[PDB]
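Worksheet: one structure, shown below.
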Amino acid sequence: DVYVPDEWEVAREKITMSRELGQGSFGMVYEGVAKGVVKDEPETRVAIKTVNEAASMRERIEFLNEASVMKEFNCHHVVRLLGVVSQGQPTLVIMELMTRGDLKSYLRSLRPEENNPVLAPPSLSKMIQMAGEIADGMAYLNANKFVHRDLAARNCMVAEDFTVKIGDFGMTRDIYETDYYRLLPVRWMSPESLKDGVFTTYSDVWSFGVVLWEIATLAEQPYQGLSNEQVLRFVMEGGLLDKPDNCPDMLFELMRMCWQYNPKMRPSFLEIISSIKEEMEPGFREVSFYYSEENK
Ligand SMILES: C[C@@]1(C(=O)Nc2ccc(F)nc2)CCCN1c1nc(Nc2cc(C3CC3)n[nH]2)c2cccn2n1
């Protein structure tokens, strides 16, 4: 209850709303341009989250406080919060623009459609690059004392230059209702989370393993031939996802490491990056949390 304006407050005149991106939790999200949000840059392509005209003051306050969690993060592999327009209406939250949408949407767009030629499935190098970027964003969140609880391809975003980042929170779907069971994302959950409802960085690692499986299958439904109730029993009884068709053993071995029944036996996000750092683009050493002074 109640929102206090801070240093993140940006004047309304600096914001220009253009094309629609999609429906958000509190209202329509638009793309556009912003002045003075990235230092003194006069024109930065941004994503603008809005609150619907018919919403109450409680809903506007809820939107601002929920979005304010992003203020604590400064990572190249996590979607950035750039500004907040709380003074007057429409209520706005300025975000970093990710032109290629969510990773699940991007992976499904790569699937072959009839007769016309198609691009070959993403190469191991391209899959490892995505893996290291997701793991870096997650290693940053864990170091900042956060547990994601909903790590999935649908909750990862793809930038113009194809860089994958940890997406904005609660901005999931609205076309992925099937990925949840009543509330909880059962097909992405660790055996311990399905048992006691407790989530840790170890359960986030389990979910990361499922993200790798999504990349290798081009966002197929995990445990496809099983219902939500069957998934619960299968995973809790020690069941695992099958090795995807044409998936290199190197990528599947990493999935198996994430899928260890004992949460303490799973590798950390830092341990995951360490095993694949040699395969990352040279630029990773300059932009990642892994190589920054913050990782100590
Ligand atoms: C606007 C919205 C979104 O916020 N997606 C989304 C999904 C998961 C996640 F983790 N973060 C954002 C809602 C549903 C569709 N969508 C979206 N967003 C895009 N881009 C986008 C969203 C954001 C944060 C402001 C929210 N930055 N950039 C985008 C590019 C191409 C298609 N889309 N579609």
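Numbers for residues simply follow the sequence, beginning at 1. Note that ligands are numbered from 1 as they come in the structure, with each ligand's atoms numbered from 1 the same way.
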_Mind telling me what drug shows up at ligand 1?_
BMS-754807
_Could you tell me the main partner of BMS-754807 here, using whatever name UniProt has for it?_
Insulin-like growth factor 1 receptor beta chain
*asked:* If I apply the N/O under 3.5 Å rule, does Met98 come out as touching BMS-754807?
replied: yes
*asked:* Can you figure out which UniProt domain of chain A lines most of the contact region for BMS-754807?
replied: Protein kinase
_Ligand-residue contact atoms, BMS-754807 with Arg154, heavy atoms, under 4.0 Å_ = 7 (C), 8 (C)
*In the entry's source annotation, what organism is given for chain A?*
Homo sapiens
_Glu31 touching BMS-754807 at heavy-atom level, < 4.0 angstrom_ = no
_Atoms of BMS-754807, numbered as shown, that sit under 4.0 Å from any heavy atom of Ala47_ = 23 (C), 25 (C), 27 (N), 28 (N)
*What do you reckon, does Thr172 have a nitrogen or oxygen under 3.5 Å from a nitrogen or oxygen of BMS-754807?*
no
*Structural part of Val29 in contact with BMS-754807, heavy atom criterion under 4.0 angstrom*: side chain
*Would you mind listing which atoms of BMS-754807 come within a distance below 4.0 Å of any non-hydrogen atom of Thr99?*
30 (C), 31 (C)
*Nearest heavy atom to atom 27 (N) of BMS-754807 wins, so pick from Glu96, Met95, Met171.*
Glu96
*Output the list of atoms in BMS-754807 that are nearer than 4.0 Å to some heavy atom of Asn155, sorted by atom number.*
10 (F)
*For chain A, which residue flagged by UniProt as active site has the shortest heavy-atom distance to BMS-754807, and what is that distance to 1 Å?*
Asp150, 8 Å
*Do any N/O atoms on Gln23 end up under 3.5 angstrom from N/O atoms on BMS-754807?*
no
_Quick one: what's the binding site of BMS-754807 if I count heavy atoms under 4.0 Å?_
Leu21, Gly22, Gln23, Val29, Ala47, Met95, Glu96, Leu97, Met98, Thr99, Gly101, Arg154, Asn155, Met157, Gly167, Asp168, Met171, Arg173
